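Working notes for the structure below.
Note: chain IDs run A, B, ... matching the order in which the sequence lines appear. Here chain A follows the PDB entry, giving residues 7-422 in order. Since chain B takes its numbers from the PDB entry, the residues it shows come out as 1-59, 64-133. Numbering of chain C is taken from the PDB entry, so the residues present carry the numbers 3-122, in order. The figures here come from the full heavy-atom set of this structure, side chains too, leaving out hydrogens, waters and symmetry mates. Whatever order the structure lists ligands and atoms in, that order sets their numbers, starting from 1.
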Amino acid sequence: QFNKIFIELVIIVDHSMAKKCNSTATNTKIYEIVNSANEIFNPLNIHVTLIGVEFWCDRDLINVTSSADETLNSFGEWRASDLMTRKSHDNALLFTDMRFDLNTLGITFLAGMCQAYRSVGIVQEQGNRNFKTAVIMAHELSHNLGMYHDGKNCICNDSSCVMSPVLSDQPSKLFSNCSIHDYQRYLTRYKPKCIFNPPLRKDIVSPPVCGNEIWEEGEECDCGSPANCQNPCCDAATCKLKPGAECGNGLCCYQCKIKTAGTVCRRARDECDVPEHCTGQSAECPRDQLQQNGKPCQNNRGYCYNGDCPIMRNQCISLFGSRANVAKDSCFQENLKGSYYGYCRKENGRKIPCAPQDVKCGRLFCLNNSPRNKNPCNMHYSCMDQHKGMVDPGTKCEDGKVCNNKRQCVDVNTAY
Amino acid sequence: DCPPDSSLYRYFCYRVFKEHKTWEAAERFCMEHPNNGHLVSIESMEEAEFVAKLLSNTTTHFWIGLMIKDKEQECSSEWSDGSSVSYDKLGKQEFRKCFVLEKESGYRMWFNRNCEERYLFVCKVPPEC
Amino acid sequence: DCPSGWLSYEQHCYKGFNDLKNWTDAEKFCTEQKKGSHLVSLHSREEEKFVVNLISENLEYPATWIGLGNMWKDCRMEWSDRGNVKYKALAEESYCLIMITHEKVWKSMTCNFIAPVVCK
Ligand SMILES: *[C@@H]1O[C@H](CO)[C@@H](O[C@@H]2O[C@H](CO)[C@@H](O[C@@H]3O[C@H](CO[C@@H]4O[C@H](CO)[C@@H](O)[C@H](O)[C@@H]4O)[C@@H](O)[C@H](O)[C@@H]3O)[C@H](O)[C@H]2NC(C)=O)[C@H](O)[C@H]1NC(C)=O
Ligand SMILES: *[C@@H]1O[C@H](CO)[C@@H](O[C@@H]2O[C@H](CO)[C@@H](O)[C@H](O)[C@H]2NC(C)=O)[C@H](O)[C@H]1NC(C)=O
Ligand SMILES: CNC(=O)[C@H](Cc1c[nH]c2ccccc12)NC(=O)[C@@H](CC(=O)NO)CC(C)C
Ligand SMILES: *[C@@H]1O[C@H](CO)[C@@H](O)[C@H](O)[C@H]1NC(C)=O
Ligand SMILES: *[C@@H]1O[C@H](CO)[C@@H](O)[C@H](O)[C@H]1NC(C)=O
Ligand SMILES: [Ca+2]
Ligand SMILES: [Ca+2]
Ligand SMILES: [Ca+2]
Ligand SMILES: [Ca+2]
Ligand SMILES: [Ca+2]
Ligand SMILES: [Zn+2]
């Protein structure tokens, strides 16, 4: 099986769906879509926990065009510059009515989960066909977890699994042979750190649901469905504690008893993390907090950032292999041209050149030392995935400076 | 790669048009349908060789994308005696502030020409994706 | 007050020649003619119209090189794609300025050209 994974999701309802700005009805539809999504993700131990929902009743904060590719890109850059800065979350989806071209119903970035500019996705709401909408949400979030489309010989019991490149009228709720394997491959490669611990019950906004393997407010515990529950101290049905147990789930629960105060419930993963200890009053480990942003890391090879220590050399390796490294400054000068790949910020899809002081925050250039080469300024670019290839925000661009979430090489002290 | 109708050299694509336009027009035309496009820039001896081979491989003069800055006609030049350029009566149409490549020189020399003249050009566009 | 052959105006000395030669030769020439001499300079229509008549009276050809050469070779440049200009490959050819008597205006001509000189 797979390790329990939790996606702190924030949904955005654009002006289209925000027409009748009146919430209530919408949220009900949303909650049901989400819950439905989790029912689909169950066999993969993936749990999407809705910790937020925003409405664009006033205006559309970004131009939602008919081009799904264009809109996603714009959405991603917004989610990094606006949302992330305001609220903390893992992934973000934009629900719309918009009739995109080519008949597309949803779009996302490949293996983008956890990444600032690419942990986003678009989903066209299918009116009140909630479950058919859930499939789309699932189809995307999976693409975001390294899962590809079902090919020649990928099988499921419905003959039309979630990852089919074509949404059937009665979409399956089952993942494919190929998908399971693609996901497993995603985890051992990208090793996402932002999806291991769930959000405090306090912060989950979705109406509680018993058996969703998600300990929520009002629930005594939750080991999921009676079918696949192995929790000796929780009622697989009524989500109630068995005979003599203080807790059912939580990092501060052992042998079914609340751990004593002062006892560490969550160590520090890396140097950019701060441990958490049990209060002794609850089985739920206190809110996970990371090191102070800016704090040097990797022997001053970078500065902490929301838990990680981004370093240009590594990002080059992610893109071009073990034999790659950062190119010579000379290359980054290509970022002043505001070319199709050399730029910094984007305004209305329009690419804007970097000020000479922010060239180390635009497109990343690497010196892939792999034979057959002839270019000392390698860079990654795809018109369908332009953010990947740009310098990861948080990266150290100069001693005492780091790129913010807006393609600027600002001063660490001022960036945080 | 880009198989629209041009040659590929390190991330960019070079298309060659046979339409006679003025420098202003060419540049303006390079950045429209062939989006982001611009007039060929030549940033290295290697690229220089490339564009030449391209033009040679062709079946006149071509517009390079090089342009002049600073609102001074004479730029930074002064009279041969040393005095600055006080009085200036060089008609505008006498300026030769644009540059072209020509066969005679093997397409590897930058010659001055009136930006208003109409020559052939070569856009340096992005690749299809 | 200027030597023989040379005419005076304001505070300088002028002297026309028919020896047709390219801009550079015309310059190096003027210097060998007299310490501190260079192709004529013009800082006002007044001085200009003076050099004009000097030509009309002494010189046969209705024009002369004035004093500006290699006009657009050492300017501040940049490519239209906002890229920087590190690499240069400017042809050896270059433009120089000449003044025509009649229309009394300035024209650009390849410094290769052979024209009459008017020192100062
Ligand atoms: C303006 O006109 C002048 C002269 O009319 C041009 O200058 C001439 O430029 C050529 C190069 O294109 C020089 O040729 C070189 O000569 C050297 C040998 O040295 C020279 O030899 C000659 C006789 O052979 C002497 O009279 C000279 O004093 C000198 O010693 C040779 O080794 C090279 O291979 C090459 O052939 C030529 O010497 C030079 N003439 C002089 C002396 O001024 C000039 O290009 C032209 N400029 C413009 C504005 O177009
Ligand atoms: C998922 O299962 C299918 C079938 O169970 C696998 O496809 C088989 O691939 C072999 C390749 O030699 C074919 O000969 C079989 O005919 C295929 N099975 C049938 C009848 O569909 C597929 O490889 C599995 N997915 C992966 C790659 O893990
Ligand atoms: C009706 N709209 C759809 O569901 C179209 C259908 C479609 C794609 N190619 C076609 C060729 C012929 C007829 C229909 C289609 N598919 C999509 O939107 C899929 C887009 C995708 O690859 N998302 O990752 C995501 C979706 C599977 C959830
Ligand atoms: C796209 O949206 C932005 C606001 O985010 C707006 O300023 C811009 O004008 C829009 N595009 C056009 C051309 O209307
Ligand atoms: C361009 O040159 C290449 C080889 O350098 C050649 O294969 C090609 O045919 C030339 N272009 C054309 C269409 O003549
Ligand atoms: Ca499970
Ligand atoms: Ca998380
Ligand atoms: Ca629950
Ligand atoms: Ca922590
Ligand atoms: Ca001076
Ligand atoms: Zn898909």
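The chain in largest contact with ligand 3 bears the name, in UniProt, of Coagulation factor X-activating enzyme heavy chain.
For ligand 3, the recorded drug is GM6001. Other chains near GM6001 (heavy atoms under 4.0 Å), by letter: A. For chain A, the UniProt Zn(2+)-binding residues having a heavy atom under 4.0 Å from GM6001 consist of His145(A), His149(A), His155(A).
Among the ligands and ions shown, the ones besides GM6001 lying under 4.0 Å from that drug are ligand 11 (zinc ion).
Among residues UniProt marks as active site in chain A, the one closest to GM6001, with its least heavy-atom distance rounded to 1 Å, is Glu146(A), 3 Å.
Applying a heavy-atom cut-off of 4.0 Å to GM6001 picks out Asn109(A), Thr110(A), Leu111(A), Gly112(A), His145(A), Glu146(A), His149(A), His155(A), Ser170(A), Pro171(A), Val172(A), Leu173(A).
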